[PDB]
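The next block holds one structure in the form of structure tokens; read it before the comments.
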Amino acid sequence: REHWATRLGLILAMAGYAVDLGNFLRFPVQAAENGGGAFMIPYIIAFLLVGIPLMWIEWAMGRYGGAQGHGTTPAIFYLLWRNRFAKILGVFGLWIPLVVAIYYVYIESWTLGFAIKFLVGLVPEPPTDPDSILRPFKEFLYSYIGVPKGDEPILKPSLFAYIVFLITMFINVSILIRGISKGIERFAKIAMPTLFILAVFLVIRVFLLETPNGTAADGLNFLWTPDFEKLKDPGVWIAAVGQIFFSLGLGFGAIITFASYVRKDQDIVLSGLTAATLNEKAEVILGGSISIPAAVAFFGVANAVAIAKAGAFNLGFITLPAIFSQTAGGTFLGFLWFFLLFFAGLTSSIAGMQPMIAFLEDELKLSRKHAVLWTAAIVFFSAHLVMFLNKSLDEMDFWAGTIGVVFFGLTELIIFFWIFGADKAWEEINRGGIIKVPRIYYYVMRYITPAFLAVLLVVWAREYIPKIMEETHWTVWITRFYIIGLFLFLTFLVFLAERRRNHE
Ligand SMILES: CCCCCCCCO[C@@H]1O[C@H](CO)[C@@H](O)[C@H](O)[C@H]1O
Ligand SMILES: CCCCCCCCO[C@@H]1O[C@H](CO)[C@@H](O)[C@H](O)[C@H]1O
Ligand SMILES: CCCCCCCCO[C@@H]1O[C@H](CO)[C@@H](O)[C@H](O)[C@H]1O
Ligand SMILES: O[C@]1(c2ccc(Cl)cc2)c2ccccc2C2=NCCN21
Ligand code: NA
Ligand code: NA
């Protein structure tokens, strides 16, 4: 079995998995909307009661499976629970990261495309008033993606966007086809320091921003001034538990799969804690110091609330690019911003495609080359739905990327700590540990963590599911149809896997 070569490489690949575009865009917007500095109270709590416990569990489950030659959840769930229904539930740990990959690699390609256009100067140059600067960049994005100009839900990506997507798939494959240590691990040791340098440069340059409308200090101010009155709102605590769960990449199968290349008695307690910490530091220190302070510096604290409500995507793809076109050397600044987002995405997508690759290798005995190429083929092909059908992306992101992962997070806990056995699970986590998990976490993992996840799941199911089902366009059924088909196909592959095993 492939293994991580060095402890540092393992930590950087895992941190690389967790650190993504959300760290630099989603987290700052969530924090501003949910109590500013006060948001750190439920955020740390969520990290301590949900993020950290579940992450350890996924590492444990992964390492446990890897020791027996299985890196994915259909086989691993079955090892923890010898039941047919365990294998079927395990398909979700293959289906979730596959579906997310189908839209994520494409979004990732946008950052590469924007980076290139900025570098060579193929970007708008306004002209005054805020909308006069924002609008040319809104149009730039819309022409790139091919946002529908009619009533048809049809996207028409530019030729540039399509080719960059091809290049982005190629880069992912280039890394993945080299394997865990010589591919994913090797790239982690380059990308994570590169990521750190890019962010630190941006933080310094953003902190120097001074405009007639404000400063970066005003931005840091608006973001970090506590509003403890928002702590009464349960939706702020839901937002925190959700933000932590998504930022750490829990429930995607990626962590389990990556952990399966950790040797049987190699530490996961300290390595896991360190990886999660890297993600948090990148999130609150770097992510919180770039996008929002930059936006508030240029548009003024008066528009801070409006900026936050316009969302993470507009901030990262419209607002910030517009600001850069109005700042000195902003052209090279825009390149760095999107180069940073690209590496953030790239380190996450290679990790997110590994479960499908590992399944083909482990259960269908494909060579790494064949497993990588076929996985890429399925993802490349399916992505055409995301590129050409308006709102298809959102539909996939809701079922697999939002509802899916929390359901799968809960399923993991129950199978491991309740069905497999809490005592067997606890020993599995702490074995080989450089440090031991605090005894208090035995109760957290068993009662607190699933409770939190159960509550989040129900709240979101009651809140969002009726909306998606009743108020969306008929074309959502196309996306629902396709992704349900994918689940059928993966179930069949799992069916073929157990049949081959019966023969040999
Ligand atoms: C059917 C799934 C695989 C084939 C999908 C069709 C590929 C579409 O290819 C298209 O080529 C055009 C060149 O003019 C580009 O401008 C489009 O953006 C690109 O998507
Ligand atoms: C769901 C898979 C996506 C199908 C790929 C669309 C291929 C459409 O193909 C071409 O599209 C061009 C604009 O896109 C048009 O100029 C052409 O008339 C059309 O033939
Ligand atoms: C972390 C933030 C980056 C992810 C945000 C990408 C999601 C944006 O996807 C959106 O799909 C829409 C469908 O109607 C299009 O109209 C939008 O213009 C397109 O940006
Ligand atoms: O960027 C992801 C991720 C997950 C899977 C893939 Cl294939 C690609 C990227 C992601 C997407 C959506 C929601 C959360 C997360 C996430 N957390 C860590 C890496 N990662
Ligand atoms: Na993250
Ligand atoms: Na990443």
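Count residues from 1 along the sequence. Basis for what follows: all heavy atoms, side chains included, without hydrogens, waters or symmetry-related copies. Whatever order the structure lists them in is the order used to number ligands and atoms, beginning at 1.
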Exercise for the section: Give, per the PDB entry, the macromolecule that holds ligand 4 with the most contacts. Expected result: Transporter
Exercise for the section: Say which drug appears at ligand 4. Expected result: mazindol
Exercise for the section: Could you tell me which atoms of mazindol (ligand 4), counted from 1 in the order shown, lie closer than 4.0 angstrom to a heavy atom of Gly249? Expected result: 17 (N), 18 (C)
Exercise for the section: Check the entry and give the organism for chain A. Expected result: Aquifex aeolicus
Exercise for the section: Identify, by atom number and element, the atoms of mazindol (ligand 4) in contact range of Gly352, meaning under 4.0 Å from any of its heavy atoms. Expected result: 6 (C), 7 (Cl)
Exercise for the section: State whether the shortest distance between N or O atoms of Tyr103 and N or O atoms of mazindol (ligand 4) falls below 3.5 angstrom. Expected result: no
Practice task
Go through mazindol (ligand 4) atom by atom and flag the ones less than 4.0 Å from a non-hydrogen atom of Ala101.
Solution key: 7 (Cl)
Handout entry: Backbone or side-chain N or O of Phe246 under 3.5 Å from mazindol (ligand 4) N or O
Key = yes
Handout entry: 4.0 Å heavy-atom contact, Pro97 with mazindol (ligand 4)
Key = yes
Problem - Ligand-residue contact atoms, mazindol (ligand 4) with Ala18, heavy atoms, under 4.0 Å - result: 18 (C)
Handout entry: For atom 5 (C) of mazindol (ligand 4), closest protein heavy-atom neighbour
Key = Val100 CG1, 3.6 Å
Problem - Polar contact flag for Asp397 and mazindol (ligand 4) (N/O pairs, less than 3.5 Å) - result: no
Exercise for the section: Between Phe252 and mazindol (ligand 4), find which residue part has any heavy-atom pair under 4.0 Å and reply side chain, backbone, both or neither. Expected result: side chain
Practice task
Give the numbers and elements of all mazindol (ligand 4) atoms closer than 4.0 Å to a heavy atom of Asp20.
Solution key: 1 (O), 2 (C), 10 (C), 15 (C), 16 (C), 20 (N)
Problem - Residues near mazindol (ligand 4), heavy-atom distance under 4.0 Å - result: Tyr17, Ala18, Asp20, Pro97, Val100, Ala101, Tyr104, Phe246, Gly249, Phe252, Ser348, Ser349, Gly352
